[PDB]
Amino acid sequence: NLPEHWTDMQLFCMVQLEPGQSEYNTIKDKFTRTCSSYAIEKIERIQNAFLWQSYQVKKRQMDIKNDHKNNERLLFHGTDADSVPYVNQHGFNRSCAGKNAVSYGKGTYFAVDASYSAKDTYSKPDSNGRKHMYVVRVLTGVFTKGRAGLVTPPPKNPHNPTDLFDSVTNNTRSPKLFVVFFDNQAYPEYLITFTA
Amino acid sequence: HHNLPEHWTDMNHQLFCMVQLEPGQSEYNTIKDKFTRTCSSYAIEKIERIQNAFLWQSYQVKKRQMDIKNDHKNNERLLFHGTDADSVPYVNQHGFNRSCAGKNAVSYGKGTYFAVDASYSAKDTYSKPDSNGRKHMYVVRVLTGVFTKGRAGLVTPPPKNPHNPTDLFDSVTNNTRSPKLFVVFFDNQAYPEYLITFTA
Ligand SMILES: NC(=O)c1cccc2cn(-c3ccc([C@@H]4CCCNC4)cc3)nc12
């Protein structure tokens, strides 16, 4: 049930990408579009079979529920070096997320621009100057402007409270961040290690 | 497909249905006996089978993953969860969410709590009685897997060895020798299989 472009594996692997290959170049270009002042050390493909299976089941469900296939975005997530081993194995856990400086809900935050996740607040430099940013497939689905009190996405309709938006954002006209409130709604696909 | 169980009834191509069980038939009897083993003084108004296809699919995926991870198929337990009436629509559609509001204490970790005996979930503090005196308890398939003793402040189960901090226990409990409650810390580790509506 695994993608054909993964290396043959074991249930988990990190795969170092080669510059000049299209897969590496597309990630670098997306990163450099707004992060021209940093320099990438390496880009690794996260091959996590269990996280992939759970995420893809959730994506198929959202595609059915919403009756279209533009539920997924490729977003960024900066984090500290100490969180990287957990995210590689277990993904993003809302119960560990820090509070965002503009909070649109209690969940895991993903950024449209790498420049946002490049802030030392998120991708905290380690003692060797290395900063860490995931590139994440995120099931954003149908979204609305969040509120700091949210622990789940809000209902679309107050008289049917269990029929929920899939995620929330900071601005529905010009989205710069998305917040997801459920496990396996985000698959960490690449880990960018970079430096000033 | 969704690998739906054989005992579910036809849903006319729909994906979520609550099906009221027929008293006196084998399925109703099995669930009622698990309840009355510790709650024989309560009065059961009805038992509903929760047929949530998306919740079931995601739960079975995690079960297959846990069965491979632990290299055995003894990772599931049938447990009880009492809750207030206003939370039943969410649980039916979405399962158990560690993040939701609650006044109850989280002495063994910030997860969702499941009881071994129905009589524990029958307390008013969990199955809070209705404006009409009715109480609600789920019978839950729970992926307890390999467990250890819990403690306050856990946000995930602890690792099974400090040297490999990402290899975690699957759940925690109050007492490993003789468990009375289990706590799980992730979505789709618990499928709500039947809803028991009852009175004291
Ligand atoms: N059947 C039950 O619900 C149950 C049986 C035995 C012990 C239990 C403990 N709880 C419990 C229920 C809810 C909570 C928290 C309260 C704080 C917010 N998130 C839910 C913590 C513990 N539920 C129990």
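Lettering of chains proceeds alphabetically from A, tracking the sequence lines in order. Note that chain A is numbered according to the PDB entry, with residues 481-489, 492-678 shown in order. The residues of chain B that appear here are 479-678 by the PDB entry count, in order. If you check the header, you will see the structure was determined by X-ray crystallography, 1.6 Å. All ligand and atom numbering here is 1-based and tracks the order in the structure.
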| query | From esreboxetine, niraparib, progesterone, can you tell which is the drug at ligand 1? | reply | niraparib
Chief macromolecule bound to niraparib (UniProt) = Protein mono-ADP-ribosyltransferase PARP15
Niraparib: other chains within a non-hydrogen distance below 4.0 Å | B
**OP:** Number the atoms of niraparib from 1 as they appear, then name those within less than 4.0 Å of a heavy atom of B:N582, with their elements.
**Re:** 11 (C), 12 (C), 13 (C), 14 (C), 15 (C), 16 (C), 17 (C), 21 (C), 22 (C)
4.0 Å heavy-atom contact, B:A583 with niraparib: yes
field: Per-atom contacts, niraparib versus B:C578 - under 4.0 Å to a heavy atom
entry: 18 (C), 19 (N), 20 (C)
Which UniProt-annotated domain of chain B makes up the bulk of the interface with niraparib?
PARP catalytic
B:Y591 N/O to niraparib N/O under 3.5 Å:
no
Next item on the list: Give yes if a backbone or side-chain nitrogen or oxygen of B:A579 is under 3.5 Å from a nitrogen or oxygen of niraparib, and no if not.
Entry: no
Which other-chain residues have at least one non-hydrogen atom less than 4.0 Å from niraparib?
B:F558, B:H559, B:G560, B:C578, B:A579, B:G580, B:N582, B:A583, B:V584, B:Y591, B:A593, B:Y598, B:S599, B:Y604
